[PDB]
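The model below depicts Acetylcholinesterase holding huperzine A.
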Protein chains: 2
Amino acid sequence: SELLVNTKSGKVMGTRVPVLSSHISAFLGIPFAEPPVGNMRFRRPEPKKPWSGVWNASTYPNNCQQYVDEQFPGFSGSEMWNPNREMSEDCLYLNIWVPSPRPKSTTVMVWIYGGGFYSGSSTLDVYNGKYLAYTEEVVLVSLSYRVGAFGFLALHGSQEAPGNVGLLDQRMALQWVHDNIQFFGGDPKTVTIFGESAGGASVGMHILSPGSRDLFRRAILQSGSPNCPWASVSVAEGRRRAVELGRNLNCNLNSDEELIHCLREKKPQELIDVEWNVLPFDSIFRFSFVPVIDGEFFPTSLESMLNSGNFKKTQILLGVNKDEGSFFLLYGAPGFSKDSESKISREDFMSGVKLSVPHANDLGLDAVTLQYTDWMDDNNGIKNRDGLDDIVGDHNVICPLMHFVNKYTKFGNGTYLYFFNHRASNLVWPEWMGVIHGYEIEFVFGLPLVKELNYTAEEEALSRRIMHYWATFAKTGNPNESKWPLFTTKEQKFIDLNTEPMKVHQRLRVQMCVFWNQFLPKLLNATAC
Amino acid sequence: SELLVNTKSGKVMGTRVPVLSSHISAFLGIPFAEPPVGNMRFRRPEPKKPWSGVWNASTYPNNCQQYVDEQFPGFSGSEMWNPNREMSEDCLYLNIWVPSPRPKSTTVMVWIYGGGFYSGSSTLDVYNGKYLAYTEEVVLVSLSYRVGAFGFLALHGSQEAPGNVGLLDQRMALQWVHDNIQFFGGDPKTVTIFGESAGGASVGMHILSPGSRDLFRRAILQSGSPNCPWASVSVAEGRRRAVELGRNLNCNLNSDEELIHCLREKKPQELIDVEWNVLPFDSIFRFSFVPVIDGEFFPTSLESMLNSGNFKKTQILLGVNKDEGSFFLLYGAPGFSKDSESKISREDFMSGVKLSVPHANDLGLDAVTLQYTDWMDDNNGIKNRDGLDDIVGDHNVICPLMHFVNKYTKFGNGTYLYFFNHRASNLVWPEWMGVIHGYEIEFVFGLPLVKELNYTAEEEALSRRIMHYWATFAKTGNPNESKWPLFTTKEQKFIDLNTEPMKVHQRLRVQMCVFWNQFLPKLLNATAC
Ligand SMILES: C/C=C1\[C@H]2C=C(C)C[C@]1(N)c1ccc(=O)[nH]c1C2
Ligand SMILES: C/C=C1\[C@H]2C=C(C)C[C@]1(N)c1ccc(=O)[nH]c1C2
């Protein structure tokens, strides 16, 4: 039967799902590891003891325990990202949408969700791979990994909570996809891992981690790099946050094993309640438990790996959205509110700047302000709001990404860079937010084909085209069958992705990124002598 | 007789000079101090022992010994600024053009020449006050002061060469003008001292020095402030240069009195030959012997005087030209040449930046480059040439001047700011140089009225209008009889001065000057901790 599949782990019974007036198969909730519950919490994942009988893969799995966004209860625009299934520590499952009739051996796309490493679910409506599987005849897998403390608590040196275990869950699912996707019609040598935000940071961390490189062919990174300032922490810093979390829960802190035993006692929601109390600064775009540059998953400083070519050479398609900062300012910067134009006073601008660049001394905060201020219209609240949106985006996504692109492109086998600047016509967020972090995802996954969702003919068009760019790059390592120029360190070409006739540009935010990637760091290092 | 005048010093016999189809009187070369020759070299000036019989004031005086510009022998454009009379240490003389018929008591304008404190002559063709005296019926006096080592060598503590003595010559001439200009038709309570470059720096230093404030009513500062980075040196630094000059002349350096006795032995040209060998850096827009913040002429750091209001409160008219840097890059920056478009390589740009900001560490030079570079077209030689012209102008004239204006305006009784952006149609310098340092001077002095000089009807127009602005401000403390807005620290209004219909603008180069006046200094102070 089209829905019955035999994998090296046992049989799996899928389900037929309708899509655009036709159908496809879906095997939802295939386990890829032993449920990391009990004493296994914080531990590295374990492969799933094979089973007997058919696994019923007819319905989405549980979602990993995680912080639920309650900032705008009832607001679809924020609730669409919240877990839509019972959350549970038993959440390590993967989903596979497969064309019908099952292909013999076609391109695979593995989606890695990316909510700042503290959240994410593979079951979100925007992550429904059926339109993409169906439309581009690719096997689409979306995995799940432990987020938050559960996936990234790190007591380096311990074996009970070594850290990065959420990255190992991803690897484990990549491993399972490698070993079994052939039975579903996929070609395990043409697997493109793609992800957004912390997912794009994950993708890039698989391209760097030695133990992950062989499990995938090429990569797509959306608004995220492994080198983003919020993506990783030193082992010392990761240890510090582990202790503090422990401190917020009244744990014996005499030793790792006491601390870890205490944390394993806590119910999942107790870790989540005090999860944000451990950041070391008042800041926005900083999350608590993230990958630690431990020396195992990452041999060394991401920067030395990047400089030395120590990373998988393949082709990558990456890019950023126009307004990456909006979402984070809205949620944590004073002066921003959802139902107003959030015009910003220079006094709030200065509070935002400081929240956006926590590790900077005053001279640093001084260089940021000088750089993002129109001194000839400095009390302009619209310029200050937008000037802050840029600060947060450039610093956190755009510039660390242009640093990865230029570092990668010197050793990779093809780089394609896009700039998403299209605001969905049916967006329910305030217009001041612009083209928001996470809002290309819906075009990539083809929601604009669902009439009942109300996009515009030009938007459906942009979806089909972006999907064809993703699918076609997954298959051949090139997005083109209007050419999307390859990106070279000399020309710096990239393109716009919007309902208008794409244009090619060069040097995506050079001026600003020279500031963030080259000047600021030098400044912050100088001043400290 | 209209040409015979009796002053408290003796009688003076002038001469009638033609001008624009009419005539006026001129008393040229009236001594205002004892010739500072011999053992008086470096000494403070002395009042001129009165004389008997008429002093023949029918012909221009000698010019103070000074560096002659031989960079473009034969080039009028550079030779027009060179001494046009026998140079001599006996050069302390003043010139007075007086309307005919002699006025009873009219406005006086005293011109202070300004070649970086190392050169200048009151006898230059562009400094011929007759067109201004005649056209605006004002008594025009142009004084002369010792330049170079002769006027600014400073062995602080010595009485033989105390320093600033070139500023005291100016004061002395102001004193003489005060005490005798009534006999020529001037009103000694309506004396406006005006100057360009080192002269505008001198003007502003008279507004600050206690012992000078009472001798003049209001002031006009052209492309110069007392706070320009090249205008003064600490007493320690001034001492250092005195010793080095002495070292270049093989002087006993056992003591000031030996050094000074040696220097008084040297012929004037020997001091001039090694005059530039004492600068402490490889730099452009830095001159050797300049005023020293000694504690007598200047009670304290110009910055504390400015901050505390410790300065003459009156009204001032000041401004800058569009391209203040050209002239200095042409003469000392690699890559610039008079007969080419001087497009600049980024390698030369980097050599220029370093020459332009000598006191900066690498991080400073890094901030300058980041700020003046179009990182999206960085090998553009035209952008790099212009970007350097701006660096030199902003740092050296425009921004230190906007810092004086904002400091002054908080205590002054009226500030009027202009931006000269007009390139004389008959300029013989390369076009890349733009509106050059020193090129408003010819419009201020009304040369554009001399047909035989070939300006355009619109330029003659601009002359008459600028002169009327200078004359009318001298007389009433306001340039207006299209209003030239007053400048306030809140509005920052200034106007353009060019053959086009003047417009009012605000915040002359704020962005850049915030960099030079606020960020760079803070940066350079931070980095050194
Ligand atoms: C635009 C919304 C976002 C993006 C980044 C983060 C950190 C939170 C977020 N709610 C979220 C939550 C879950 C998820 O899968 N992705 C994202 C993307
Ligand atoms: C544009 C030419 C200039 C200006 C500045 C300086 C330093 C030298 C100069 N040759 C000079 C020489 C003599 C003078 O009186 N003024 C000036 C103005």
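Each sequence line gets a chain letter, starting at A and going down the list. Using the PDB entry numbers, chain A covers 4-484, 490-537, in order. Following the PDB entry, chain B residues are numbered 4-484, 490-537, in order. We read in the header that X-ray crystallography, 2.5 Å was used to get this structure. Worth knowing before you read on, the calculation uses all heavy atoms, side chains too, and leaves out hydrogens, waters and symmetry mates. Atoms within each ligand, like the ligands themselves, are counted from 1 in listed order.
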Using a heavy-atom cut-off of 4.0 Å, list the other chains contacting huperzine A (ligand 2).
B
What residue and atom, if any, carries a covalent bond to huperzine A (ligand 2) in this entry?
none
Atom 9 (C) of huperzine A (ligand 2) protein-contacted, heavy-atom criterion under 4.0 angstrom
no
Select the closest option to atom 12 (C) of huperzine A (ligand 2) among B:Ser124, B:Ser329, B:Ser122, B:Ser125, judged by heavy-atom distance.
B:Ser122
Ligand-residue contact atoms, huperzine A (ligand 2) with B:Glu199, heavy atoms, under 4.0 Å:
18 (C)
Provide the number and element of each atom of huperzine A (ligand 2) under 4.0 Å from a heavy atom of B:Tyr121.
7 (C), 8 (C)
Could you check atom 11 (C) of huperzine A (ligand 2) against the protein and tell me its nearest heavy-atom contact, residue, atom and distance included?
B:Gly118 CA, 3.9 Å
Considering only heavy atoms of B:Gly119, which atoms of huperzine A (ligand 2) have at least one such atom less than 4.0 Å away?
7 (C)
Please report which non-hydrogen protein atom sits nearest to atom 1 (C) of huperzine A (ligand 2), along with the residue it belongs to and the distance in Å to one decimal place.
B:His440 O, 3.0 Å
What species name appears in the entry as the source of chain B?
Torpedo californica
Protein heavy atom at shortest distance from atom 15 (O) of huperzine A (ligand 2):
B:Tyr130 OH, 2.6 Å
